[PDB]
Asks: 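Structure: HIV-1 Protease in complex with atazanavir.
The chains referred to below are lettered A, B, ... by the order of the sequence lines, with proteins before strands, and numbering in each begins at 1. Both counts, for ligands and for their atoms, begin at 1 and track the order of listing. Below, all heavy atoms of this structure are taken into account, side chains as well, without hydrogens, waters or symmetry copies.
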Protein chains: 2
Amino acid sequence: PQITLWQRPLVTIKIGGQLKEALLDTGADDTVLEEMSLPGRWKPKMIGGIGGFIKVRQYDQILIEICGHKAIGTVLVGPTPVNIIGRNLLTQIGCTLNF
Amino acid sequence: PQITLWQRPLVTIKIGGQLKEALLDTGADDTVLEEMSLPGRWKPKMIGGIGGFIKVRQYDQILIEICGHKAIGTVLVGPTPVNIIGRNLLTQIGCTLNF
Ligand SMILES: COC(=O)N[C@H](C(=O)N[C@@H](Cc1ccccc1)[C@@H](O)CN(Cc1ccc(-c2ccccn2)cc1)NC(=O)[C@@H](NC(=O)OC)C(C)(C)C)C(C)(C)C
């Protein structure tokens, strides 16, 4: 699909058997989700944004369906104000910027 | 141009007679730049991100040339770790997301 930016580029995703809406974020190296429940193990990690740094849980090889496209990658979970789909996953679903 | 996301989508921009590199950021409602010198008046404003919030100067009707395309909009200036080109400007240069 082609998406214009007059509004937030929100997409529906399916992860850990649950449905959520997430922002397609070209300015995000990583994918960050708000507190939700995920199976398996993780490693502590910290990441930075505007405003400072937040502490997250890191989960590798996680399946995610973004607007019907599957992808497996690292997903971070924590105190983010909004669910974010980062470049690590955008590349897998063939997402591109155009102008 | 079309742009893949294997790398951070950086572009050269011309603003306030100066050259900068900036990130095309679909996850940004606003355009925010590192401390720089701009002419005119502004106002104090606050904006939020992943680690919290930063205070910035707001400038309306600022001319920016992004990868050779011209746009006039609000540009914020302050303590951001990286120059960000937000949707308020992305829409003006006809930038889309595709997959
Ligand atoms: C290498 O660092 C990163 O990749 N930081 C990524 C990040 O923060 N990206 C920012 C741009 C950025 C990159 C590198 C260093 C610092 C900042 C954006 O791509 C995505 N983003 C993600 C984001 C979106 C909403 C919010 C938010 C926060 C508090 C309250 C409401 N919304 C926070 C972060 N947006 C914002 O912070 C924007 N906020 C915004 O549009 O607010 C509506 C700004 C910019 C205009 C301030 C993540 C932490 C998400 C991975």
Asks: Other chains with a heavy atom closer than 4.0 Å to atazanavir (ligand 1): which ones?
Replies: A, B
Asks: At a 4.0 Å heavy-atom threshold, which residues contact atazanavir (ligand 1)?
Replies: A:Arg8, A:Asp25, A:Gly27, A:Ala28, A:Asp29, A:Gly48, A:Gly49, A:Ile50, A:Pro81, A:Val82, A:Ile84, B:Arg8, B:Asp25, B:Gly27, B:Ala28, B:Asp29, B:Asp30, B:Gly48, B:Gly49, B:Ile50, B:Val82, B:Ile84
Asks: What is the source organism the PDB records for chain B?
Replies: Human immunodeficiency virus 1
Asks: Can you pull out the closest protein heavy atom to atom 2 (O) of atazanavir (ligand 1)? Residue, atom name and distance to 0.1 Å, please.
Replies: A:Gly48 O, 3.4 Å
Asks: What about A:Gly27: any of its N or O atoms under 3.5 Å from an N or O on atazanavir (ligand 1)?
Replies: yes
Asks: If you measure every N or O of A:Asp25 against every N or O of atazanavir (ligand 1), does any of those distances drop under 3.5 Å?
Replies: yes
Asks: Which of the atoms in atazanavir (ligand 1), numbered in the order shown and given with their element, are less than 4.0 Å from a heavy-atom of A:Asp29?
Replies: 1 (C), 4 (O)
Asks: Can you sort out which atoms of atazanavir (ligand 1) are near B:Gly49, meaning under 4.0 Å from one of its heavy atoms?
Replies: 28 (C), 29 (C), 33 (C), 34 (C), 37 (O)
Asks: Looking only at protein heavy atoms, identify the closest one to atom 25 (C) of atazanavir (ligand 1) and say how far it is in Å.
Replies: A:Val82 CG1, 3.8 Å
